[PDB]
Undergrad: 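Sending over a structure with amiodarone; questions below.
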Amino acid sequence: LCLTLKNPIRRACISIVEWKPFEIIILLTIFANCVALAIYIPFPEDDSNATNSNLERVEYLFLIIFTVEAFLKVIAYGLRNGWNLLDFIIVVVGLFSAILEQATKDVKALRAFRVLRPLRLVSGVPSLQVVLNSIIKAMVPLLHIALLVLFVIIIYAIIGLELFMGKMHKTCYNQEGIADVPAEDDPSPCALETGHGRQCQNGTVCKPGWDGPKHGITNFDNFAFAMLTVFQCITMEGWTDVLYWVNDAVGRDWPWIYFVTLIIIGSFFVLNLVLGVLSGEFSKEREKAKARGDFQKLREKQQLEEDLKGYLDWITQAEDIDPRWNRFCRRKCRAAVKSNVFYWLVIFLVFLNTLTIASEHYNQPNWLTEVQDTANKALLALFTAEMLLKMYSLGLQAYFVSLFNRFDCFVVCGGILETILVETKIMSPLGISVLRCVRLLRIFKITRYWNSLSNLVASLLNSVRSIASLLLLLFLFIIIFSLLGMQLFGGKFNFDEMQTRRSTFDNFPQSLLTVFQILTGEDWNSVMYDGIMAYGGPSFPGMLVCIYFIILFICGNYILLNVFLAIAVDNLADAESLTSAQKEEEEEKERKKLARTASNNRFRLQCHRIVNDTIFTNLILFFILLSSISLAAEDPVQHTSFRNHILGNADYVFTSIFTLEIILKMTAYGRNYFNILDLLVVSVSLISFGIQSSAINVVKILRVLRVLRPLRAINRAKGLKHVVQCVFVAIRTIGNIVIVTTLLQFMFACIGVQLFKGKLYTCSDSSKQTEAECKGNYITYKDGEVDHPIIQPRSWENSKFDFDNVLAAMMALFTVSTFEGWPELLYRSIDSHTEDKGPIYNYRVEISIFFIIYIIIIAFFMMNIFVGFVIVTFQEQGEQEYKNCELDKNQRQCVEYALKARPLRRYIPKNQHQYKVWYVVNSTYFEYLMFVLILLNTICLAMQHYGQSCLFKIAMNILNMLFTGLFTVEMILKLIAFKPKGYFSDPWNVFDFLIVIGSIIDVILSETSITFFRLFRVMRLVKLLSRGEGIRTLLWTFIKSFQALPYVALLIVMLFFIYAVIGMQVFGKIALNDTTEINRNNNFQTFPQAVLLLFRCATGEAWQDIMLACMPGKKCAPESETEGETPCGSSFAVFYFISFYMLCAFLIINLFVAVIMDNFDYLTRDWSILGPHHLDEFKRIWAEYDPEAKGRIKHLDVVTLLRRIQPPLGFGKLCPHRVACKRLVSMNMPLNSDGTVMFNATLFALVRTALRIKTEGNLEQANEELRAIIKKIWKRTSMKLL
Ligand SMILES: CC(C)OC(=O)[C@H](C)N[P@](=O)(OC[C@H]1O[C@@H](n2ccc(=O)[nH]c2=O)[C@](C)(F)[C@@H]1O)Oc1ccccc1
Ligand SMILES: CCCCc1oc2ccccc2c1C(=O)c1cc(I)c(OCCN(CC)CC)c(I)c1
Ligand SMILES: CC(C)CCC[C@@H](C)[C@H]1CC[C@H]2[C@@H]3CC=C4C[C@@H](O)CC[C@]4(C)[C@H]3CC[C@]12C
Ligand SMILES: CC(C)CCC[C@@H](C)[C@H]1CC[C@H]2[C@@H]3CC=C4C[C@@H](O)CC[C@]4(C)[C@H]3CC[C@]12C
Ligand SMILES: CC(C)CCC[C@@H](C)[C@H]1CC[C@H]2[C@@H]3CC=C4C[C@@H](O)CC[C@]4(C)[C@H]3CC[C@]12C
Ligand SMILES: CC(C)CCC[C@@H](C)[C@H]1CC[C@H]2[C@@H]3CC=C4C[C@@H](O)CC[C@]4(C)[C@H]3CC[C@]12C
Ligand SMILES: [Ca+2]
């Protein structure tokens, strides 16, 4: 009993009264310890107050309590538990820190263990323990993804180390010497005159001796810096900063490949991998939950509540019948509610209330607020009257039994209280009158799929327990890391720079806000840089602290994806399935009612023969492609060029051929909605000729309308139209969530308008607190130097995104929900003081919850609901294939593999010396030696550092030559072992051969530059990825899935093309300028640059800033040619940049899930039972027993064949000459000769003996079944007939 020996009971009588009362006092002690840790405020440079001293005093009490508890629990038994060892080490480290603090007086750094005490609160309650274990157990399948991410990070770090090796160290120094790097405020790297980078064409010169872009933290100077930069880029946070810095230090044409490929491979592909693996795991758990019958409990309770709703009023209807005026009164009112007019009346009143609420804005007219107040009072009175009419008619038990009627009742009861409270001047309105807009969802009742939304809410209310437990786990994780961050960076974020940091760890609320901002992944690298500079800096011991921001980013973004996706998936796997269970009851029941009550020289010779043929079908597809290419190659920045002349003239013939084709189209038919489209587009193209001098506004909507050229090829490309149709179907399916999310967004926007109506204004200098004061000039000091003053004008400006009215609030909340620039908006809204005034530092921190709750509800919950709904909808679309035969989706594939299998060829040659080298090469020790040598070579490669010694470089070159020569030696022997005619018949052998000859030419060039071939040396490391079976199979299956669905990605390609063109035609002129989001690096001036900008926006880097930088009121380039001051730049940027972000993202969700879809077979596999992986090794073990594919085996070979098969496929460690061989020989094998039994026959016999066995005499049943529902067999199983 985990005790064995028992010491005398005289002092071990402790397990008697330690069950009920000793299990809770310790939990309260832990809670008090957490509160005390939260109260502690870290001061910079040993400062303190009274509260810190009191807390340090009570820490002694907590330590003695925990030590007494540990001693009592240890005298009970001599710690082996996982969660008790943690308590023991916590208490021992606490004692050590306490004695060190008492004796020596880093001591303080040692007490960072205190943050582990809240974690012990998990162990107290098993309800959180089980959910924590469920969260943890999902980490095992993602270890392969983690290893892949590590390998790609290492490879890209080495490649970037080779490419960008200390190049980011030259900048422009305006002063005659190196004093204060006089290059604006944030200097950028530059290149010398002989270089291809950026040269400052000013009075300044490019001179080396520069620390680096981000204080020397972001650069590929050595392996650690390069790896950190690659990770920070792969997290898709500030990768464009690194890209632009490299584009300034080196040329702009080469290094985009590195970052674009890194983003595509290490971010999008990895996210797809994670989503697929997690979806498979959740589907497996959902299928496992059927045995427990969780869905049965929800189903019975669903059909029971509707019984009570229709029965309580039924007996209430009996009360209304006279066997008093009261019953007559109740009868009239009861039928008044169920009149189909009262419902529309209350809907109209709700819409009127929404109209009244949504009409509030900054400095609204007085009559508007008077009508707002009187209409609000009238509508509140009418809604109270509606409440009274409904409650009296149905009754209290018949009213509160409805879930919705519990919502509007609370809404009215709280709204009247808030109304009176605001009326009596207690506080500004909170906004609780806005949630009356939820009742506007009652319109869905008339439409179909109202019950589908009700099923989701019912499932959520059923699973509220698990939802609360998961949210508690997330909150505890956030609290623990906030305490750790407060301990590590408490008061260390105070540098000399004029702008004090807002995202610090000074207080507990500030630490919570910073940790939440890091978890959302927005500007987390800035916090990491501040934390690095908080310590010594870019040195060896001052950089390790960066790992704190890595685990928090890795262990946090993971937890969310197992908290808000699972909740989204399971509660959507119930409701949909729930809606699948009732939707037959509403069909059979009526069927019960129905079953009772009812009882011209235009022919295919010279004008149409070569029209409908595929040749003409795909000949015009090439011409549509060429027309699109010509459209994409225009020059927007200049209106009159010879380049625009040829393409502006090449379309004249292009439209001439297309117009000719339309003549061939009017004769064939007298017309669906496709052959008009092109015609209509063609009908627009002729206007291009009829312009003359009227190019004022007609062409401004004529040239932009040319982007419809690519999208008319969907009709002529079968498969693309199918994908578009599937996309439209998915849109119509997801509308049910889209409308609800939009309504919730509108509600939050109204609340935000009520909160920050005009409060976000600020003046240029913080001294002036009103617009009247904010006038004239003021004096600002450059870089916080009292001796460097500059006059600057005083400006009274609003926020970039404000809450002045409902539309501005919706824009701001959208930019917040995209996680772009939300910390700045949060910290600007924190300072909002009064309706028309300026900001006060940290006036209301508590308003931050508004920006947090929203992010929890819209950003994290609604989006995950969206993704899970897409996943479940696609799964049910792929699952409804009504093929319910005997073989249940597994034996079908097993029999297919058994039929489509063949032994592998031997290729074991004679000429024993060649056979001797073949035996040497194939040995596993040789493969281990190669893996060791590859690791050594990549270690040598990952050792070069900036500022290295010349002898170091010579030694590295010598080692490179030695390793390369050894690899050529290995390649030659291999070649002689496998012969040139068979050595190259392997995907990996050709890969190795190209690298070796690619690593030789540059070796020759070393003694004679170009660095393209050097990178080949790194690529050999990818061979190490082909060693683990699971990761290799996962990668290969995902790659095949991507190969099988090209048109889904073609949709994203087409969307990128169209938008780009649109951006080139509209925003393609705006002048390039620094200190602006439109510069040499980010612009619409060329098609590749527009594509790069759109990729940047799809990644979501600073798109909310490019939108503002594309606003009207900009000058544009002198290349394009009175009134041209700044009349150049449109207001389309609101619809252009928002819609794109909502479209592209959706398309990506379409590409991910689909790729996941057709790959469920691997994702939900249950490797324990038989599967294609198990049957794969049969060929590998019979390859050496069959000279070729053939199909002829040895009768005696079965002796070792039966032994070599694994227990999952064959038999365990039992004796071979036993019932296994008896059953193998006793069954009905084909009636061939002694050893002329063919491979697939034996394979089918083995797979039949493994599972799915039947009585003798049913072989012909399998024979007819393998041709009825199983795919074609081509009469190839003649030798397998018996
Ligand atoms: C890659 C994105 C920006 O390009 C898109 O356009 C997609 C269309 N938008 P999306 O919102 O991507 C953001 C989510 O990435 C999660 N993330 C990432 C790495 C990780 O290790 N763990 C993890 O949870 C996350 C941090 F939670 C975010 O919520 O799409 C999704 C929406 C819901 C669920 C999954 C993806
Ligand atoms: C089908 C054509 C329009 C697509 C679309 O319409 C919506 C209306 C309301 C809410 C969402 C959408 C929507 C999206 O497809 C969509 C939008 C966003 I924002 C979104 O989240 C991505 C931004 N952010 C996550 C919070 C990433 C950091 C996702 I996933 C899907
Ligand atoms: C059912 C709901 C969504 C309907 C709400 C629509 C009406 C009431 C809203 C939508 C957009 C709003 C406008 C948005 C912007 C401005 C500009 C501002 O200088 C005066 C107010 C004004 C003109 C708002 C008045 C109210 C408005 C017209
Ligand atoms: C996230 C939690 C669970 C674990 C992460 C470990 C972090 C917090 C720990 C592990 C190793 C630690 C570092 C180890 C060594 C040094 C050098 C010293 O001169 C200052 C502290 C510093 C820089 C530590 C900072 C905190 C640190 C980075
Ligand atoms: C599959 C689709 C997206 C491929 C589209 C390829 C076409 C549109 C691209 C590929 C290469 C591109 C060219 C590459 C380089 C330049 C030089 C630059 O000074 C003007 C644009 C110009 C001339 C580009 C025009 C557009 C272009 C021709
Ligand atoms: C990724 C695997 C396979 C190879 C890389 C692991 C080892 C060899 C790497 C990891 C960290 C690396 C070190 C990181 C930092 C420096 C400081 C620099 O001034 C000289 C090189 C030196 C000392 C690197 C040498 C190589 C190194 C020790
Ligand atoms: Ca960002």
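Count residues from 1 along the sequence. Shown: partial entry. Contacts: counted within the shown part. Going by what the header records, the deposited coordinates were determined by electron microscopy, 3.3 Å. In listed order, ligands and their atoms are each counted from 1.
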Undergrad: Which ligand entries or polymer chains correspond to amiodarone?
TA: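 It's found at ligand 2.
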Undergrad: If you rank chains by contacts with amiodarone (ligand 2), which one has the most, by name in UniProt?
TA: Voltage-dependent L-type calcium channel subunit alpha-1C
Undergrad: State the other ligands and ions under 4.0 Å from amiodarone (ligand 2); answer none if there are none.
TA: ligand 1 (sofosbuvir)
Undergrad: Where does amiodarone (ligand 2) share space with the UniProt Ca(2+)-binding residues of chain A, that is, which have a heavy atom under 4.0 Å from it?
TA: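 Among the UniProt binders, by heavy-atom distance, it comes to nothing.
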Undergrad: So, at a heavy-atom cut-off of 4.0 Å, what does the binding site of amiodarone (ligand 2) look like in terms of residues?
TA: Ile731, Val738, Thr741, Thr742, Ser817, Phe819, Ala859, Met863, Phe866, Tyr1141, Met1142, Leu1143, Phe1146
